[PDB]
A.B. asks: 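Structure with repotrectinib attached for reference.
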Amino acid sequence: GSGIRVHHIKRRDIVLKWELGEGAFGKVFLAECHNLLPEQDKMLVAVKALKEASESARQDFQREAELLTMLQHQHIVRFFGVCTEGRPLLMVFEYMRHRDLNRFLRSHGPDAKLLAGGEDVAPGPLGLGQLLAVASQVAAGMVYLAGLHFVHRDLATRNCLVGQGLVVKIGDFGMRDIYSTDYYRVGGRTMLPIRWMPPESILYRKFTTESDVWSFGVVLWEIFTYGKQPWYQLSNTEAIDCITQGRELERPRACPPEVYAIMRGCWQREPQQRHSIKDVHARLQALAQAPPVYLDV
Ligand SMILES: C[C@H]1CNC(=O)c2cnn3ccc(nc23)N[C@H](C)c2cc(F)ccc2O1
């Protein structure tokens, strides 16, 4: 009965060009969409496609579509609508031409085996002001979602998308991507991105906006390491021991100590002793506006 209206889209207005990537829920394609919005008569979009189509997944899908349509903000990937008219089930978002933030970060890092193209940003390392631009944008999306008492349980650079002009949006809310080394399998269809998770979550399986503040800290770290795995030398086992024993990630080489300061604040053992997401953003927007000077050794 009652609910949020989700723009339905006619399958005929959706022409899949080619696969962009794959997940556990299903695949993502580049696609052309006709008469989606009056402004542009034909345009490029990302299209999520569901693998399996029972009434258990159609229930998920609907909630997901309802929730996606409610959460609309400057730093959250534009959702356009679904298409239910014949399997496969479809969700349509704006096309973000720099893909997920984790590969974008990796493509602009020193260890890059190729030099990254594009007309909107220089190959090789980014500017600090750029790094804080990225950091500030992700915080701004977290500030919104906290505002609505929404809890992201997999905040990580692999779930942010990067667009033309170095726009950074939150891209996926989990509710997806198959199985990397970031997730520890603790049971059938129960995997946790435990490296991003704070003590409260590992120890008491509690997750709050404060837990997200902790994991956003690990995202700053991802950003300032050009998308390295937290605790990459360690095992999921050894990581859990670190997190639970108060061992913290070392400041990155390319991280000013004023930024590391903000990280260290995200990583308080006591959730209530962690800075609010609003406060974290503030200090990031500020530093983005006036990047300090920093060198090496
Ligand atoms: C398959 C990958 C790659 N997606 C795109 O290149 C890609 C480019 N634009 N865009 C829009 C949504 C979208 N992907 C893309 N949604 C998917 C589920 C998504 C979201 C993320 F935060 C991260 C990755 C991701 O999907």
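We number chain A the way the PDB entry does; in order, the residues shown are 497-671, 673-794. In listed order, ligands and their atoms are each counted from 1.
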A.B. asks: So, repotrectinib - where exactly in the structure, counting duplicates?
C.D. replies: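 The answer, copies included, is ligand 1.
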A.B. asks: Supply the name from the PDB entry of whichever chain has more contacts with repotrectinib than any other.
C.D. replies: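 Greatest contact count: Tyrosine-protein kinase receptor.
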A.B. asks: Please give the covalent link of repotrectinib, as residue and atom, or none.
C.D. replies: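 No covalent bond is modeled.
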A.B. asks: According to the PDB, which organism is the source of chain A?
C.D. replies: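 The organism in the entry is Homo sapiens.
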A.B. asks: Which residues, given by chain and number, touch repotrectinib within 4.0 Å on a heavy-atom basis?
C.D. replies: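 Within 4.0 Å on heavy atoms: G517, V524, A542, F589, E590, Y591, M592, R595, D596, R654, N655, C656, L657, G667, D668, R673.
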